[PDB]
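Bound complex of estrogen receptor and estradiol.
Numbered from 1 within each chain, the chains take letters A, B, ... in sequence-line order. Per the header of the entry, the method used was X-ray crystallography, 3.1 Å. Just so it is clear, the values below take in all heavy atoms, side chains as well, and ignore hydrogens, waters and symmetry mates. Start at 1 and go down the list; that is how both ligands and their atoms are numbered.
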There are 2 protein chains.
Amino acid sequence: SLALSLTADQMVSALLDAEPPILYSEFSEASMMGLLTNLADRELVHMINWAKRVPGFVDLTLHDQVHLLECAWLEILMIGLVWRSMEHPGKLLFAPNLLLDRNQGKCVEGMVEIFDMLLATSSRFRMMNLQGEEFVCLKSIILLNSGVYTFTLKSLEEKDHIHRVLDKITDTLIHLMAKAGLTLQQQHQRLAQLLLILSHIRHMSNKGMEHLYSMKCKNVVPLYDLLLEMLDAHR
Amino acid sequence: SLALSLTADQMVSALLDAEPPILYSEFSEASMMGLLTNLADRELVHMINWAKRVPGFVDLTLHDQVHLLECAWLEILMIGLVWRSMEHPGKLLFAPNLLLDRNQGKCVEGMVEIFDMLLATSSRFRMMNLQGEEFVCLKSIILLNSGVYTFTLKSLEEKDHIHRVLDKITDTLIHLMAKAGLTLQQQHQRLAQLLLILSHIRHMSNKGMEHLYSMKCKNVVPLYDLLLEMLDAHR
Ligand SMILES: C[C@]12CC[C@@H]3c4ccc(O)cc4CC[C@H]3[C@@H]1CC[C@@H]2O
Ligand SMILES: C[C@]12CC[C@@H]3c4ccc(O)cc4CC[C@H]3[C@@H]1CC[C@@H]2O
């Protein structure tokens, strides 16, 4: 596997390279859910493409790739938002031309809490001064670790492969940190601080599907096909 | 804060010491949900006690302690189960005298998937040969990190405190690993492997409340007060 041969430096660039393009967005509960939902549906296409370039991904069986995708779509979309929203304290930059503010969350039922969790993460990223090389690694960790406990003998081999690439990505992270000259102890603390945010992202994502789902049941969400597909995987 | 002064060794023992007693359990969807639910309600009591002894906990305001508790109760209960279920492949040891098997999950509606996730975690713990000192540390990390992004100036101080203790627990983990003689590189890989399971635990707990909540709506779950209290915090 290429994954298992690249050096921390190649890995980082490979990842830096797979990054997708930033889309542009095309207010009432319905009008807002529409934009947000539309933007999501569009990034989903890019997402799939990006997934194909994360070192090691393509080595899984075609159904396993769909599984990780279906499992982490919203997590991936949320860390992206968080990351691009970093330098806009108190706001969320869905797009370069769509910058909602906390209070605009009140437009849709039950959205403010999600916005709140999103802002808090965004803020934590600001405080830790998260680097783009770090960002790109976490995003791949999310893609690979989220659906791993839900994949038999081919699964055991699929699980190892994933664990193995996850170790490589870990090494890349530490590599990056040492290069920024953090003590060996600061390196292990940052690592742990970064990976503990992933829990919150899981948390948020779970609340996000639950919400997107009621929005769909209330018939407020449009019929975007790829987005309903990813949402159904979960239900 | 004591927390910030203990040495990795004292930290470990302090944690090893706070461990609660193992309860004993006192089949139809209703009869099963009853046992499971009853057992949970009982461990909740011990849980609160235990939380009071996790170094640094007691330094938070009284309401923040209730908040972390309300936030991580089911995550805590689930890692405990998983941990005690380790050496019983394919089974879940709720109690010393209550050992359900995967298929017994089918008794209650929607429970098998939860059991499945539980088994998978239990299995991963087996594979990594998770030590008790490690177990005790992760459990505290869960208690402290889960409700941290949902706590102002006192909050900023509360958040730092928590981040601080989190680093100390991180150091304790590494300390443990080095003592078992793992290379510096195996140390950082194991760390990341241990913390990534926390995501899955978050995920499982989220599904678990969703389920316990429908079980309650279907009027199958008894009226245990402490358990309804923790469940309501989430809703
Ligand atoms: C899924 C939601 C609509 C799509 C939103 C979105 C849309 C695009 C995007 O890049 C990130 C997110 C984060 C929050 C998501 C929202 C969570 C609640 C809502 O249902
Ligand atoms: C909360 C549930 C009943 C209580 C169960 C329990 C009860 C006691 C315990 O120590 C661990 C768990 C793990 C799974 C929990 C279940 C998840 C689904 C169910 O509703």
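- Every other chain with a heavy atom under 4.0 Å from estradiol (ligand 1) is named here: A.
- Measured by heavy atoms, estradiol (ligand 1) lies under 4.0 Å from these UniProt 17beta-estradiol-binding residues of chain A: A/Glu43, A/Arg84, A/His211.
- UniProt assigns most of the residues of chain A contacting estradiol (ligand 1) to the domain NR LBD.
- The 4.0 Å heavy-atom shell around estradiol (ligand 1) contains A/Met33, A/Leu36, A/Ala40, A/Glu43, A/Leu77, A/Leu81, A/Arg84, A/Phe94, A/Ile114, A/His211, A/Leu212.
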